[PDB]
Protein chains: 2
Amino acid sequence: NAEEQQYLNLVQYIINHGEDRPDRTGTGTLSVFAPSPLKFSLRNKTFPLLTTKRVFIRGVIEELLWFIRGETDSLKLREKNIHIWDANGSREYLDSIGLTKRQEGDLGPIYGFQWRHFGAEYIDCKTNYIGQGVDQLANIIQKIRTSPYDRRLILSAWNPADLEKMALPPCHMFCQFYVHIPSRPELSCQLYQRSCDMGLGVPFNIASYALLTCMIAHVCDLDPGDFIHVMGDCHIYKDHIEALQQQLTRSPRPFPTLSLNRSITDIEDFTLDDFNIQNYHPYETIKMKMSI
Amino acid sequence: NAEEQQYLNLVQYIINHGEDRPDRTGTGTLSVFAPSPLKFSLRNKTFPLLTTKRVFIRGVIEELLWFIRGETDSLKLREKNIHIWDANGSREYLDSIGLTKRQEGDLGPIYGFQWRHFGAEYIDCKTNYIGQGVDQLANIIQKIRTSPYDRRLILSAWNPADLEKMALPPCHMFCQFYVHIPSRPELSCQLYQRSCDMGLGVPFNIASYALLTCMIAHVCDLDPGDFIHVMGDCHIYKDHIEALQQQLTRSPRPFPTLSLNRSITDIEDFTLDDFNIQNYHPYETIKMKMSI
Ligand SMILES: C#CCN(Cc1ccc2[nH]c(N)nc(=O)c2c1)c1ccc(C(=O)N[C@H](CCC(=O)O)C(=O)O)cc1
Ligand SMILES: O=c1ccn([C@H]2C[C@H](O)[C@@H](COP(=O)(O)O)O2)c(=O)[nH]1
Ligand SMILES: O=c1ccn([C@H]2C[C@H](O)[C@@H](COP(=O)(O)O)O2)c(=O)[nH]1
């Protein structure tokens, strides 16, 4: 796209200029710190769903809703045919990180929970946290309506006071919304990702947050502006270096568009069905492994 | 410089592509959201202390130590003759924001307190919080000491659960550290600043974090790498426009240098005299009016 390309070039930079870092998850990876952020116009309904490799947008949409509901149980993504949180939730893994009395499938006070109940005291993923902690999302929405120029529209998942309790620390830790009014519309979003996995990570989150912006934009009666991905520890797994170059030689197809609704009116009232993506023409999928 | 010059461009870019916006503090501005982050090298003892305008380095130093100590009382900073917090702590401001039962000078759970006592239950800037909350700064130094390639070296002041109790929401909300070991050194730092005042702010913060970075690198035996300033709502106050083209025309003098200590080894044991800044050759100073 020149959008997705800009991303590809980064997939090459981290390769021809990456850094050999011994990885804690125990794996060989190349990495670059704080490279130049990736921008994606969200205009004309365009949705930045990378074409150079089938992205699991089905899990993306499903996981975002899981986030907004403030749910922290992987079992719920399992009940919907999504196993992206099975590992960091395996009874085995919980133990490795000391969470032994924590029941399986309970990811701790991750993303969503912080999004809607920040300060709230976490205690089991099956409890109802209505009224507890601070609801960033609701606030963000409320503000954008009230006074849209606010410079404090911050959605975060990074709670240092609740880290150990988490099955995995907030990877994409927070984002700041901004709305430029014409000379009203243009809801932009710049998020900060501390650790970025270009192969499976970045793409998924690009779409993940592009929707977020679209959803919140939609509900606030705004147009999505652009989306800029800011990354810190950007990295690539060696066991994929080759499975990235063949991709790099691939020509990026134009991004599809996203059509929200049929007057869905709540944000907390979105369903897999209320999201419509048209003209997605990606290349042949590639089984992406990883590490933990 | 081209370091400072890059900054200068950004200042003109805002003037040319800036957006007329109603400022909350009250007075008019021009803002650009998500501009390309400024990088500054700390390589070879260089210190990004802008030269096209005298910078309150002393203000900068005293305030960092103040931060580190986890102090939240402006009065302290006043006993040292700094007045940068006298406003947002004035009796008149506190009430405008509702903290009508807050004794003047009590900024609340801001930067410092969050850095060393995050989870802690703040209450009165004269109380002893020793061992309360999460001591991010301490945990960061430590992880860097043990496992330096940690993708989780985050220091943040943004606590959604405390924002109201604060005299002002964190501006330079957070930063992640990263260390590139050779074939060890390089302690680079990337901070996200939701609201950047290219006028006074940014410059002051480039120094503020440039030092924090050096300082920590110092106690970890590492050498600094570079500094990356990422910014959200980057802007300018009209009442300083004409006041900028004048500066936009000055030729940036090369940055001075920073040599820390005499083996100060803790980050908790620093003082003005431990900071020697060789070769700071800025142009005369420019009186700029804030905006509460
Ligand atoms: C960064 C930061 C923290 N801050 C705090 C802080 C608090 C409220 C604000 N409010 C507004 N409207 N804009 C700001 O940028 C701002 C900054 C100077 C004062 C304060 C901060 C100054 O006066 N700096 C001197 C000039 C005056 C002097 O010599 O004393 C300088 O030259 O640096 C930064 C710089
Ligand atoms: O949305 C996500 C979630 C996880 N990760 C990756 C980043 C790192 O490779 C590892 C997390 O590292 P630490 O939690 O140890 O910091 O998982 C991503 O890239 N994107
Ligand atoms: O280091 C700093 C401290 C904050 N400010 C400014 C930014 C805004 O001018 C104001 C904060 O705007 P609010 O989001 O608080 O309204 O304080 C800076 O630019 N730099």
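The alphabet sets the chain names here, A first, running in the order the sequence lines are given. Numbers in chain A come straight from the PDB entry, and the residues shown are 3-185, 189-297, in order. We're sticking with the PDB entry numbering for chain B, so the shown stretch reads 3-185, 189-297, in order. Remember, it's 1-based here, ligands and their atoms both numbered in the order they're listed. Only heavy atoms go into these numbers, but all of them, side chains included; no hydrogens, no water, no symmetry mates.
From ASTX029, RDEA119, CB3717, MK-5108, the name that belongs at ligand 1 is CB3717. In the deposited model, most contacts to CB3717 (ligand 1) involve the chain that UniProt calls Thymidylate synthase. Chains with a heavy atom under 4.0 Å from CB3717 (ligand 1): B. Site of CB3717 (ligand 1) with heavy atoms closer than 4.0 Å: B/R56, B/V57, B/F58, B/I86, B/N90, B/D202, B/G206, B/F209, B/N210, B/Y242, B/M295, B/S296. Lab note: no covalent bond from CB3717 (ligand 1) to a chain modeled. With respect to atom 8 (C) of CB3717 (ligand 1), the closest heavy atom belonging to the protein is B/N90 OD1, 3.6 Å. Annotation for CB3717 (ligand 1): atoms under 4.0 Å from non-hydrogen atoms of B/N210 are 1 (C), 2 (C). In terms of N/O distances under 3.5 Å, CB3717 (ligand 1) is approached by B/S296. Residue, atom and distance of the protein heavy atom nearest to atom 27 (C) of CB3717 (ligand 1) are B/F58 CD2, 4.6 Å.
The shortest contact between atom 2 (C) of CB3717 (ligand 1) and any protein heavy atom is with B/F209 CD2, 2.9 Å.
Contact annotation for atom 10 (N) of CB3717 (ligand 1): protein present (non-hydrogen atoms, distance under 4.0 Å).
Among the UniProt active-site residues of chain B, the one closest to CB3717 (ligand 1) by heavy-atom distance, rounded to 1 Å, is B/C173, 6 Å. When only non-hydrogen protein atoms are considered, atom 5 (C) of CB3717 (ligand 1) lies nearest to B/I86 O, 4.3 Å.
Interface of B/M295 with CB3717 (ligand 1), defined as ligand atoms under 4.0 Å from a residue heavy atom, comprises 8 (C), 9 (C), 10 (N), 11 (C).
Those atoms of CB3717 (ligand 1) that come under 4.0 Å of a heavy atom in B/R56, given as number and element, are 32 (O).
There are UniProt dUMP-binding residues of chain B with a non-hydrogen atom under 4.0 Å from CB3717 (ligand 1), namely B/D202, B/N210, B/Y242.
For CB3717 (ligand 1), one of its N or O atoms has an N or O atom of B/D202 under 3.5 Å away.
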